[PDB]
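Drug on board: rupintrivir (bound form).
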Amino acid sequence: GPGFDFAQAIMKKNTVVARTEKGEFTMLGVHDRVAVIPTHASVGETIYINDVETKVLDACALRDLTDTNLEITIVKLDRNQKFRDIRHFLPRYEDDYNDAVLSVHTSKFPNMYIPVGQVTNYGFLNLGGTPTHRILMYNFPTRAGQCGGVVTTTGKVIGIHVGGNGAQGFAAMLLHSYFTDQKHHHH
Ligand SMILES: *[C@@H](CC(=O)OCC)[C@H](C[C@@H]1CCNC1=O)NC(=O)[C@@H](CC(=O)[C@@H](NC(=O)c1cc(C)on1)C(C)C)Cc1ccc(F)cc1
């Protein structure tokens, strides 16, 4: 069936509740003190992590070479815990997937799992009026409150939930090359 065991292990060790002025989001920690959150969360220079106020040391809203929103923001956080390194679970390329799980960790839903079915490489999405690329699509009625939710299949962390129209759900891709270790003035 769906990979519930895999999704649970990712939730246990690699998720936190993140809270900005836009609300609460599931936040996936990727490695060391680096995590991801939907760009719509509007991260500033501090963020609440599990209700603890935390300095945001770096924040990078990803865009592609067309200067189009990818809806992923990568954050570096000032906190003592290191995240388990899950980069080796990230896909190398764009792909479609079978029988994925969407996993939420918020104050309202401290852990909840939703089998979303098949996931297709959707591409372009007008996301609440912002053009966005690299989007994954599932036919599941996802809802407000699930943004940031982790999308997995066994062995792979493939996206974070960012949108939905009452019939389909949409995730922003996570690619392995987003998190590899030059000299760049990026602000
Ligand atoms: C998650 C965030 C949340 O709860 O509110 C953030 C303040 C939310 C999940 C969806 C809400 C309804 N169902 C969901 O799964 N994400 C959003 O609200 C983004 C906006 C949307 O999802 C819109 N949907 C679409 O634009 C759309 C287009 C198509 C083909 O299908 N759906 C609304 C109709 C909900 C938030 C967002 C992200 C990026 C932006 F630039 C603007 C807004």
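When a residue number appears, it is its place in the shown sequence, counting from 1. In what follows, every heavy atom counts, from backbone to side chain, and hydrogens, waters and symmetry copies are set aside. Whatever order the structure lists them in is the order used to number ligands and atoms, beginning at 1. According to its header, this structure was worked out by X-ray crystallography, 2.0 Å.
Ranked by contacts, the chain bound most extensively to rupintrivir (bound form, ligand 1) is, in the PDB entry, Peptidase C3.
Heavy-atom contacts of rupintrivir (bound form, ligand 1) within 4.0 Å involve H40, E71, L125, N126, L127, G128, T130, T142, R143, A144, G145, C147, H161, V162, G163, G164, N165, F170. The structure places a covalent bond from rupintrivir (bound form, ligand 1) onto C147 SG. Rupintrivir (bound form, ligand 1) places these atoms under 4.0 Å from at least one heavy atom of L125: 28 (C), 29 (C), 30 (C). Checking only distances, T142 does come within under 3.5 Å of rupintrivir (bound form, ligand 1), N or O to N or O. The entry's source annotation for chain A reads enterovirus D68. Of all atoms in rupintrivir (bound form, ligand 1), numbered sequentially from 1 with element shown, those under 4.0 Å from a heavy atom of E71 are 38 (C), 39 (C). The presence of a protein heavy atom under 4.0 Å from atom 18 (O) of rupintrivir (bound form, ligand 1) is ruled out. At the shortest separation from atom 35 (C) of rupintrivir (bound form, ligand 1) among protein heavy atoms lies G164 O, 3.7 Å. Of all protein heavy atoms, the one closest to atom 36 (C) of rupintrivir (bound form, ligand 1) is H40 ND1, 3.6 Å. Under a 4.0 Å criterion applied to the non-hydrogen atoms of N126, rupintrivir (bound form, ligand 1) contributes the atoms 26 (O), 28 (C). Not a single N or O atom of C147, backbone or side chain, sits closer than 3.5 Å to an N or O atom of rupintrivir (bound form, ligand 1). Less than 4.0 angstrom separates atom 13 (N) of rupintrivir (bound form, ligand 1) from at least one non-hydrogen atom of the protein. Close contacts between rupintrivir (bound form, ligand 1) and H161 involve ligand atoms 9 (C), 14 (C), 15 (O) [criterion: under 4.0 Å to a heavy atom]. For atom 41 (F) of rupintrivir (bound form, ligand 1), the closest non-hydrogen atom on the protein side is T130 OG1, 2.9 Å. For rupintrivir (bound form, ligand 1) and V162, the ligand atoms under 4.0 Å from any heavy atom of the residue are 16 (N), 17 (C), 19 (C).
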